[PDB]
Enquirer: 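Structure with LY2811376 attached for reference.
Each residue takes its place number in the sequence, starting with 1. Just so you know, these numbers use all the heavy atoms, side chains as well, and skip hydrogens, waters and symmetry mates. Numbering of ligands and ligand atoms starts at 1, following listing order.
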Amino acid sequence: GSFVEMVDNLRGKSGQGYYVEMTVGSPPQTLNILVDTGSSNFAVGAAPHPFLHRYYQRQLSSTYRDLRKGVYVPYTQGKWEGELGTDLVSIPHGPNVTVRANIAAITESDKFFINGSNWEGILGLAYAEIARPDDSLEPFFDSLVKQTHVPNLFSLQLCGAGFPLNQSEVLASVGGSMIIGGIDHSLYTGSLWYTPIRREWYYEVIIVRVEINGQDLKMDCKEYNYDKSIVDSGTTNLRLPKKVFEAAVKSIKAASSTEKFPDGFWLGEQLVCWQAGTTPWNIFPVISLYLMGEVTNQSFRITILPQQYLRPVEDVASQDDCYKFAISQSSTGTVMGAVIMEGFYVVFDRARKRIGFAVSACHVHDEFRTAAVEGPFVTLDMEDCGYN
Ligand SMILES: C[C@@]1(c2cc(-c3cncnc3)c(F)cc2F)CCSC(N)=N1
């Protein structure tokens, strides 16, 4: 019901990530750690870097254990290399428990750390199947549940400000909540609707229908989940498979056609700006994603506003309100990233192999429209939407 100790324990923003304070080692070393449901390694800066103000010093921890094994983790953009070990870990604004967890001590990296993000490591909250070097490296959350009485569930409320924050404002500001071991009813309005976790590797789900202002995108539903659809707090954008991206953008352009925007805007590259307070939210469509429900032949929908998919950014000069388009293409399936998660309180119910969605008590909206979670809808042949 109520988890006051964990409410408001996140800071950050969609563009650079949301992070939680953790301590590692004995005596405790404090570090800020990116909350990432799209990966499964707990990995921390452990050597000086131009963008790190502090790092894990294994030689100062009496409880550090060396696993004598290296790990190399390349991504499409960026990479890091490190040394595997274990140590005692706590989350100060979390459950009052201390656990021994695997930690990859990052000793070298390229384009991984972000200048001014304020985080020094990543907490991969997904499953062992996608851990590096292999699935025998138990992820943090699995350790936490095995070693303590914490229920096998966590929930995330990511709070977008609706306007830009500089590095000073992000430091002073509450970015949201990670509730470990429960669901806090103050963080949402309306009902929670649950979709099954298709397979425990990423948090994989199945999308069964997409609408732009109520108009069906009318693609074969397999296209929406090609080659998977995941919920990922460590990706900024809503990312869509190439063909779905092309269809969706064509439809969003048609809905907003009273104003013409440059190709670079739709490509996610360039900002657009309006005079202060005059952003024409009403010309942009709402986007609905229908998700497989828990009951046979039942779906539900989550609906976001342009206040979610237009990401506020600071002007290159002004008092203008400026934004980038935060929907982009993917060659690795749909990614429901931070700009989608900012609409919703998201419950990662690992114990019951399901993900819940409710309207966020902190989502950005206007006097005419709000984000929504609605159901049920009768939907047939939903398993056929999943890609094999
Ligand atoms: C681990 C990874 C990831 C995320 C962010 C990151 C997080 N939030 C915002 N911007 C960047 C980052 F800065 C570095 C990363 F390696 C791989 C790319 S996708 C993902 N889910 N996690």
Enquirer: Out of curiosity, which chain makes more contacts with LY2811376 than the others? Name from the PDB entry, please.
Expert: Beta-secretase 1
Enquirer: At what distance is the nearest protein heavy atom to atom 4 (C) of LY2811376, and which residue and atom is it?
Expert: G234 O, 3.4 Å
Enquirer: Only heavy atoms of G17, strictly under 4.0 Å: list the atoms of LY2811376 that pass.
Expert: 8 (N), 9 (C)
Enquirer: Mind telling me which species the deposit lists for chain A?
Expert: Homo sapiens
Enquirer: Please confirm whether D232 comes within less than 3.5 Å of LY2811376 when only nitrogen or oxygen atoms on both sides are compared.
Expert: yes
Enquirer: Counting non-hydrogen protein atoms only, what is the nearest one to atom 11 (C) of LY2811376? Give residue, atom name and distance.
Expert: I114 CD1, 3.9 Å
Enquirer: Hey, quick one: which UniProt domain of chain A is doing most of the touching with LY2811376?
Expert: Peptidase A1
Enquirer: Any atom of LY2811376 sitting under 4.0 Å from a heavy atom of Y19?
Expert: no
Enquirer: Check each heavy atom of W80 against LY2811376 and say whether those closer than 4.0 Å belong to the side chain, the backbone, both or neither.
Expert: neither
Enquirer: Heavy-atom distance to atom 20 (C) of LY2811376: which of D36, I122, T76, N41 wins?
Expert: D36
Enquirer: Would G15 count as a contact of LY2811376 if the rule is a heavy atom under 4.0 Å away?
Expert: yes
Enquirer: Taking non-hydrogen atoms only, is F113 closer than 4.0 angstrom to LY2811376 via side chain, backbone, both or neither?
Expert: neither
Enquirer: For atom 16 (F) of LY2811376, find the nearest protein heavy atom and state the residue, atom name and distance (0.1 Å precision).
Expert: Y75 CE1, 3.1 Å
Enquirer: Hey, could you tell me which residues sit within 4.0 Å of LY2811376? Heavy atoms only, please.
Expert: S14, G15, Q16, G17, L34, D36, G38, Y75, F112, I114, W119, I122, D232, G234, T235, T236
